[PDB]
K.L.:
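Before I ask anything, let me first share the structure, which is written out below as structure tokens.
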Amino acid sequence: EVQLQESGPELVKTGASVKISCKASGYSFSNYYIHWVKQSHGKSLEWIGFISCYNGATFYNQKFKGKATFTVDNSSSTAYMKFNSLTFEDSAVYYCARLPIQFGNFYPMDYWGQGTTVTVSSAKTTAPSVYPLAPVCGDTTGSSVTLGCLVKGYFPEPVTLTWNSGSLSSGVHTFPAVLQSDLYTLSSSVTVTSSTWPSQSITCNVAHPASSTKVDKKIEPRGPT
Amino acid sequence: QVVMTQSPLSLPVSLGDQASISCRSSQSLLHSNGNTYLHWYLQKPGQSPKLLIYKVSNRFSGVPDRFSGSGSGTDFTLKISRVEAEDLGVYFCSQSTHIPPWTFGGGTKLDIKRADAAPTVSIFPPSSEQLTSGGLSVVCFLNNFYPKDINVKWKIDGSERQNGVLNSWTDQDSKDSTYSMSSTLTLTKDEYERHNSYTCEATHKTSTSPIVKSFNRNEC
Amino acid sequence: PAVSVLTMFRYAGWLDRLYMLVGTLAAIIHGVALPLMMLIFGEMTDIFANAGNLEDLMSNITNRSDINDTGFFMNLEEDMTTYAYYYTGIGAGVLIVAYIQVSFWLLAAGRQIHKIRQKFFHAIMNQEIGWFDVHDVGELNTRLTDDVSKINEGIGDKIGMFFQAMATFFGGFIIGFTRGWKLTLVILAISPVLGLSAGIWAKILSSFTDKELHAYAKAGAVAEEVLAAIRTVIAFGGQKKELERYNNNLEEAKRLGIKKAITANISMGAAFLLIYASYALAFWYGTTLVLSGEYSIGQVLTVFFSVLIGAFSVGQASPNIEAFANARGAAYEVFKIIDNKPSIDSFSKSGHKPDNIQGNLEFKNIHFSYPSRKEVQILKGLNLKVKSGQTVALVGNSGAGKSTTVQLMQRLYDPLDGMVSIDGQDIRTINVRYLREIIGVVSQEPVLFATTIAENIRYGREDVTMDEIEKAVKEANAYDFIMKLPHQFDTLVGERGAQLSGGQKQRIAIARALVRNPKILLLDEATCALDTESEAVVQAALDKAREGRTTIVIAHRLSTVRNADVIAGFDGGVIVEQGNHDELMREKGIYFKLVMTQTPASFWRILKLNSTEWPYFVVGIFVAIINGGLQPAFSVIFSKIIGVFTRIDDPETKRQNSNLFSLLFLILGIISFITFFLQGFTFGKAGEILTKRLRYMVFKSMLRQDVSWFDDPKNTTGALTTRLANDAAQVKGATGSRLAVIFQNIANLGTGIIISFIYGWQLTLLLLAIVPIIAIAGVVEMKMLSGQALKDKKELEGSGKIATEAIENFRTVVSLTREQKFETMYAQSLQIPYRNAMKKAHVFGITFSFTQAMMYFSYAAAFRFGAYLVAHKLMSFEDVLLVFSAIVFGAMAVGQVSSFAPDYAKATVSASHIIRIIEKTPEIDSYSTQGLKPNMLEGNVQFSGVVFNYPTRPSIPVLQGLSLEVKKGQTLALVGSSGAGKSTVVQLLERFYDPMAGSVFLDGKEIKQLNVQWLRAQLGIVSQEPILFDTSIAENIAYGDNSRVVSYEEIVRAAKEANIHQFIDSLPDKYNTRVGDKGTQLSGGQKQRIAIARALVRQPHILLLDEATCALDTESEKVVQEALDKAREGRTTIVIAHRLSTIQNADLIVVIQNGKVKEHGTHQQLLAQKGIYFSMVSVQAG
Ligand SMILES: O[C@@H](COc1cccc2ncccc12)CN1CCN([C@@H]2c3ccccc3[C@@H]3[C@H](c4ccccc42)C3(F)F)CC1
Ligand SMILES: O[C@@H](COc1cccc2ncccc12)CN1CCN([C@@H]2c3ccccc3[C@@H]3[C@H](c4ccccc42)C3(F)F)CC1
Ligand SMILES: *[C@@H]1O[C@H](CO)[C@@H](O)[C@H](O)[C@H]1NC(C)=O
Ligand SMILES: *[C@@H]1O[C@H](CO)[C@@H](O)[C@H](O)[C@H]1NC(C)=O
């Protein structure tokens, strides 16, 4: 049993600091350097720095100097970094690894935290805009049909979207939230037959916690326009 | 600061065979001691990254005999011999033997090697409520393809547009072994009164013929 | 034989319990200092290891690095600013704590053993005189010094180190279990073996100083008995024989010495083999535990060093419990004496004190036996009355009833039946003291105490003025000769001062009896041992002393007893007949039978002395260097293992480098065990054949040396058996030991200085300032733990003179009851070195505390400046470990080595004495072989004008022009007055000395050209009280003739003419009956017949009969005279004569006085001369 568990996801506004923690359990804590490493979305693992974790003797990367500050807590056996003066280029997934001090550089970073995602924003808690996406009007040539619903412009993470109140799971594709003009955007689609819809019912049940919102968009075909 | 070019980029392994992943550095990773220090890690999504191989040929306490690595100098390889379904994550190669950056490799996913198939396309116009509220969003859904090498083509009235585009891909579907993506343009309302032909196209390896879909504005 | 612990702590007041309580708590908090010192060492080596690994990680950090790495040491430079405070806090605490634990226990022991020693001399001096004769007096004296010194060693200091070492044990395992329990159990698996090796090593370390002479004690007994009996061993020959016998007892003590030294060095070899094996086990396992990322190097040093000093602290506490057990066994018979009790208490003040006592004196039906043997009855139904002013003289068969009367009148013993009265009042209802002051005793042999004359009169009565001393000496007829001696009354007498004659000592003993002014006077054989000239003036002084006093006299030779009022005759303890002289004359009883019977070293010389067993020395030198090599080698591999944990190498090369170093610890263990196994074997065996050959050469030398050398007061028997025994075992240390010291230390410190200067020189200069005081700490701590620095036993040898004097002369010190004055003198002579020991108890406490404190401060000062060097990158941490471990731990090693070895001042003064004695050349060489050696056996002896002076006192002359001829076969007896020189003629004719002028002729030839062994071969001496050797009968009689096969049958003839064969034939185990303290004790007459037989085996042609007054035996007096008359029948015989019955039948008698022969002739012719012969014969006519 050796485990490094980290805190939960953060949703911090721009400029204010955030303090993120790497709690260690199951080993002799007073030996291993705690390396903090950074991973953006779809990029290489950047290296932030480390702490000596016996006495907190830091060493920062040249890029992340000043706009990152490490500290420890020996009694509760945790590590911390306060990552002050945020920008949009600091929303990422942060990991902590342990390295043996007795032979560093010559031994792998062998145990790792599960990663804490820090999402840095500047916007306010915004209600979504749920829009139905009927098929294009005119021909219906295929016996299979795809129905869409897109949740536009919301904030913050996440939106719990659900098709047909949970009774339809035969082609539910729900994409990650794409960011535009510091406001999220999510999309969803389903596939049923041409004799199913518009003969039966179909609706998109969109639920957002922080705006306490449950929009029920029963999709209708595009009529004359 | 040796910049590692880990060469795979995404690796289509099938089930029950061997697939090799290459890590090519840009400086000789041979220390003054006759020891080459690069390390191979596994990483599943949601969980922590596991150390898998260290010092290209050794092995860590608790990992089975399917994982062995070879190579030297600036050419490195790990061997996925007789792959299971339990090791399907992103693999990456640490380290620089020359500290302090500890430069990591990029990453290498794995896969299932489904047989190939061309995607399905559909264009959805901007909804009526967004026309009421003040914007437009054309959304091209295209589902159930393989592999993850697809290039979407937005073209308005036969003319290029390369900005204000929204691409979104989904991950490896663990029942059907396909992918999907969809694209989206939200533009200002007035621009919808300036064009008719909106075309979404798919450029994928399974067809030299592009998967074209189009609509004009006036008809219904 | 075991006091309970609380019964032992009986002489402590309210103060000493506070001293041992506070010193106990100080022991507890002193013992826990060193394990937390290992704790602080653990944290600081984690400081240096972590900062060394962090800076040694990123040395690839250009651009700018001038403040990165220097700041990475700004971590380690302000952090040891407070660990310097922890080290100086442990030092400044352990200074006052180590001070108060040692001085408090020594001070509590000083007060306790002061009261125990003083009150034990009280309770010995308050003990009844019958208890005195059961218990041997020499053993009781040795108990007085030894047994109280043993309770001293057990009571005070060892049980402070006991709580120190047990608190070190429990604190060591408490911090060991609270840092890391896993490696604590891994060492605790082997910790019984480590504790056992530690225990045996500590027990052979402690003493190590006293149990070394038990193997020698047999041969030392031989050497003692032959040196005590010199004037018969150099007289009968057997210098070669007793030299062979001492050699034969000496070789066995050599063998047990060999076994002692080899088992001692096995027992050190297992100790260092197990510390250097447990180093390998715990750095092996602690290595494979810190390589897994589970401990730190500071934990491994903390838990390993503290647990291992705990396990060794057990064995450090091992000999203290047994020293306490020996103290408790000693206290059983000290406390059993000082508890209880006499029945006749000479100190009590219970009974009446009647004044103006006239002395009406009565014995009524008294029945008594001595308490040593109840079965024989000494006195039965004895009745006497003597009224005031009257004189009774008691005579009869000797040994029965004579002296027991004067021993019952002083109430020395209680009679079983009957009653003894003074003035109608029972003597057992009066106080013992007031009884003993109204009675004056005059013993047979007078004793004088080793102080001035006037100070002997002080012992008689302490409040006497000098005028009353002058009148008492004038009344004792002692004034005119005491004014004539050189100094005055303040002349020192005793065994140290000048030697007075027997009549002189006796009439100042009379002066003590007269200064007491007694009403009853008791005289037990006051003049049996005195000659005819001094008995007249003594009898004049006693007749003056009897005027007006009731007197009881017990004496042989009853010449003036006629004048006494009543004469009482003894038979079987009963007085049969009483009256004046003339009534005992008419009765024709016992008395008429008695009257008709009457009428620079030069050190290279000591290696030249040991220049036979050079191969041992050569291998010893080559092996001692290997000891000195392996002391820095430990610091080298120790700083390479901790030096490999403060860098950042590959895990596999750290694993195999640490396996290399752990194996190299074990190789250091093996090559340590061999190297002082056989270093102890080669210096032990070379030194012990050096001391066996050196004992044998010094003893062969001493048997050659003449009688003149033995008369030297620097050469008494204790000085020569003690000198031989000590100064032969010391000189072992003067050569063999010192080369081991110098080569071990020069390889040790020399190599440490050199390698330490190679790796970093500034810090070595700093530690070179520390290096004297911590080596002093090594030698002072080893002298503390050996028990050597506390005992000296040379400041109490000024107070053992009076204790020894009062134990040996106990009859006199009771009969004048000065127990109290001797308790006072012993009390003050004990109180001055008491005060000195009180001062020294603080000085040794502060030097032990101070120099231990230098060890802890030395850690502080070393590692601060070490942190400064490491901080500016001009050293590393394995170099401060290498120069600190080498200079400092090498300094402890040169202290321990330079103290564990023996001395060098006592060794060189010992070798000065030995080589000063073994090359001595005697004057009258006995072992020589030149000489005429004829086959004449005539033996007409002729002294011609012999002038001799005794060389112990060359001022006084004894013989001047002594000439006398002795023809073949006839008998010459010699008599005379005191100071005549009559005993000297035996020693001059046997050639113990040569005369200055004159000549000694044997058979017309001067003795000085004859061989001495042949001369002594044709002379048969028979000494006064015969010396018998510790062996059977056949050797003691066969000892007479040596260089002969002597046949068993030949013993029987000599025993027949010595008149013991008929008596031996009833004895158990007739001829191989052992004689001595264990076998049968023979009477003085029977022993005298044995000496006659020993002289008769030689069948000599000259017989020297050395016999003296007086024989009380009355059962063997006639058979010794029969055997002497059978021996003198056809042999030329010279007799020193004191019995008047032997002299009538001699062919010639010679009276000597002041070295001058007065007259010659037969007995009856010199009787008709009416000179000195007629005077001497006319004395017993009264
Ligand atoms: O000197 C003091 C304290 O000294 C220090 C204080 C603070 C820190 C120190 N750090 C390193 C070294 C000493 C330090 C301890 N003595 C050290 C010397 N013992 C001696 C001794 C003698 C010769 C060879 C080895 C030993 C060692 C133990 C032992 C066991 C039974 C009987 C005696 C002894 C042993 F056989 F294993 C007594 C206690
Ligand atoms: O200098 C050395 C080498 O000893 C000798 C070598 C060669 C010849 C010798 N000849 C005579 C006497 C000693 C000789 C002796 N120190 C004596 C003092 N030790 C102290 C010490 C203190 C208290 C109780 C036990 C110990 C013993 C070892 C130890 C382990 C860690 C830290 C300190 C020490 C231990 F816990 F087991 C170091 C070795
Ligand atoms: C590198 O560091 C040194 C530190 O003084 C500085 O002088 C030098 O200018 C630096 N090099 C550059 C290009 O700035
Ligand atoms: C370490 O190096 C960097 C180089 O700029 C410097 O800023 C920093 O102050 C250094 N750390 C210390 C304690 O000096």
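The chains referred to below are lettered A, B, ... by the order of the sequence lines, with proteins before strands, and numbering in each begins at 1. Keep in mind that the numbers below use all heavy atoms, side chains included, and drop hydrogens, waters and symmetry copies. Whatever order the structure lists ligands and atoms in, that order sets their numbers, starting from 1.
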K.L.:
Specify the drug or drug candidate at ligand 1.
P.N.:
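The PDB calls it zosuquidar.
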K.L.:
Which macromolecule makes the most contacts with zosuquidar (ligand 1) here, by its name in the PDB entry?
P.N.:
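The largest share of contacts goes to Human-mouse chimeric ABCB1 (ABCBHM).
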K.L.:
Which other polymer chains sit within a heavy-atom distance below 4.0 Å of zosuquidar (ligand 1)?
P.N.:
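Going by non-hydrogen atoms, C.
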K.L.:
If the model gives a covalent tether from zosuquidar (ligand 1) to a chain, what residue and atom sit at the other end?
P.N.:
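The covalent attachment is absent.
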